[PDB]
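Notes on a structure featuring simvastatin acid.
In what follows, residues are counted from 1 in the order of the sequence shown. Going by what the header records, the deposited coordinates were determined by X-ray crystallography, 2.4 Å. Counting starts at 1 for both ligands and their atoms, in listed order.
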Amino acid sequence: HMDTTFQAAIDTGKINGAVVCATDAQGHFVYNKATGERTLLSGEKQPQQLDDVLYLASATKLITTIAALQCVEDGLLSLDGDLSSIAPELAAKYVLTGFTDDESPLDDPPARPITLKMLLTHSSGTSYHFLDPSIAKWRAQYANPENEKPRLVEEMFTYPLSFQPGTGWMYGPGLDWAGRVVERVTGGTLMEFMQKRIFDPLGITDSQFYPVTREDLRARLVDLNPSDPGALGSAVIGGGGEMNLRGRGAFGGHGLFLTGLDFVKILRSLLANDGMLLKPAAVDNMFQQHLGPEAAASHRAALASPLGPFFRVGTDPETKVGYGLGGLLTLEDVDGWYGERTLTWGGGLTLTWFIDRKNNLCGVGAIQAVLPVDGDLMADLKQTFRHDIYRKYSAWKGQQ
Ligand SMILES: CCC(C)(C)C(=O)O[C@H]1C[C@@H](C)C=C2C=C[C@H](C)[C@H](CC[C@@H](O)C[C@@H](O)CC(=O)O)[C@H]21
């Protein structure tokens with residue numbers, strides 16, 4: 001019901017198209033479908049194609065997550081090691097506990113060092129100011145940078161922690177920090193490392209961080225169009241895109257551009273656990289709960305909060321979930337849908353992905369929306385993909 005649902009959304013003028021790529025571990029069941037049209041900077045229309053270059057936005061986080069785990073395999077990092085030396089900017093952050101009534105900020109020194117595992121699972125304390133009201137309040141009083149100067153990761157994310165390292169959960173720049181950590185410990189750019197360790201083994205050559213400079217890629221950017229002459233990804237994140245315009249260097253949190261076909265090669269290598277990217281036991285460890293007791297309780301409070309629908313990535317409020325290395329982790333079966341220990345996340349409001357090892361299925365579904373982005377419609381469209389792909393998978397299994 002992707003077919004009729006997506007077409008209805010095209011007819012209303014709220015999306016231009018969609019790219020969907022799903023596969024089992026061996027490529028027996030494969031479903032690839034490009035729907036709709038893209039618009040070129042010239043205004044001319046072209047059918048959506050499976051090798052259109054998409055803005056991944058926070059789907060970047062999974063890829064940065066793999067890159068960090070590869071440095072762990074190399075012995076350049078450990079999951080639980082002290083990062084204070086490699087990233088002193090993180091060690092220097094204090095923990096904001098709240099405000100007095102005259103609205104002055106209470107902070108405390110950090111009780112422990114920040115580790116890679118905390119960065120990868122959003123339990124370090126680094127929080128997006130637009131999601132954490134306490135951090136939103138601090139940003140505004142200790143304001144303002146209308147500097148507009150292009151900022152590196154460490155010049156962009158200068159706020160205190162939202163909670164003692166390891167003891168909470170809040171979505172934030174942990175993978176931008178992890179990406180910077182990967183650059184520092186390898187002595188090269190994040191693009192260089194990923195090209196060599198992730199894209200080359202999979203035969204991927206059509207990928208770049210913001211800003212996209214390559215002419216061949218720019219000619220295939222969905223997001224280079226009259227509504228987005230900057231190729232900022234506005235349609236994917238729903239207004240802006242502010243962080244991209246203001247950054248300098250690679251942002252492992254949200255910066256990558258990639259085709260759906262190339263993104264699913266990465267998903268499938270994890271699903272099949274074929275050693276192309278990581279040793280099997282390291283992949284297995286991604287699909288485990290890595291929040292401790294306090295952090296798990298914080299996670300569940302955020303999932304029950306008004307932001308919870310975003311944080312639940314379409315999963316039901318009755319489904320117990322944790323956070324793995326790479327995204328949300330289901331902790332029980334939903335019969336007919338995600339098996340237990342499905343890893344899932346997404347990008348902006350328009351893109352979502354899952355890796356269901358128990359049921360042997362992975363996929364990405366990426367709506368190409370029309371500004372202004374109808375957020376409630378995106379949620380529905382993503383949900384249609386997440387469930388219709390299981391329907392298609394069952395029908396195929398039944399036909400064998
Ligand atoms: C730039 C953030 C990034 C990774 C692109 C992103 O897509 O995370 C997604 C993935 C999804 C699973 C869960 C999410 C959790 C909360 C949000 C609604 C977030 C989307 C935020 C984005 O819509 C607005 C930001 O761009 C704010 C800004 O413009 O600075 C959203």
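Within 4.5 Å of simvastatin acid (ligand 1), most heavy-atom pairs belong to the chain that the PDB entry identifies as Pc15g00720 protein. Binding site of simvastatin acid (ligand 1) at 4.0 Å (heavy atoms): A57, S58, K61, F130, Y171, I237, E242, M243, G253, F310, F311, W345, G346, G347, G348. Counting atoms of simvastatin acid (ligand 1) from 1 in the listed order, those under 4.0 Å from a heavy atom of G347 are 7 (O). What sits closest to atom 31 (C) of simvastatin acid (ligand 1) on the protein, heavy atoms only, is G348 O, 3.7 Å. Taking every non-hydrogen atom of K61 and a distance limit under 4.0 Å, the qualifying atoms of simvastatin acid (ligand 1) come out as 4 (C). Nearest to atom 25 (C) of simvastatin acid (ligand 1) among the protein's heavy atoms is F130 CZ, 3.8 Å.
Protein heavy atom closest to atom 13 (C) of simvastatin acid (ligand 1), with residue, atom name and distance, is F310 O, 3.8 Å.
For simvastatin acid (ligand 1), one of its N or O atoms has an N or O atom of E242 under 3.5 Å away. Distance check on atom 2 (C) of simvastatin acid (ligand 1): every protein heavy atom falls at or beyond the 4.0 Å cut-off.
From the protein, the heavy atom lying nearest to atom 4 (C) of simvastatin acid (ligand 1) is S58 CB, 2.0 Å. Geometrically, simvastatin acid (ligand 1) and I237 share a nitrogen or oxygen pair separated by less than 3.5 Å. Some N or O of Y171 is nearer than 3.5 Å to an N or O of simvastatin acid (ligand 1), by distance alone. Lab note: nearest UniProt active-site residue of chain A to simvastatin acid (ligand 1), heavy atoms, 1 Å precision, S58, 2 Å.
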Where does simvastatin acid (ligand 1) get N/O contacts under 3.5 Å from the protein, atom by atom?
residue                     : atom   : partner : partner atom : Å
simvastatin acid (ligand 1) : 7 (O)  : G348    : N            : 2.1
simvastatin acid (ligand 1) : 8 (O)  : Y171    : OH           : 3.2
simvastatin acid (ligand 1) : 23 (O) : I237    : O            : 2.8
simvastatin acid (ligand 1) : 29 (O) : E242    : OE1          : 2.5

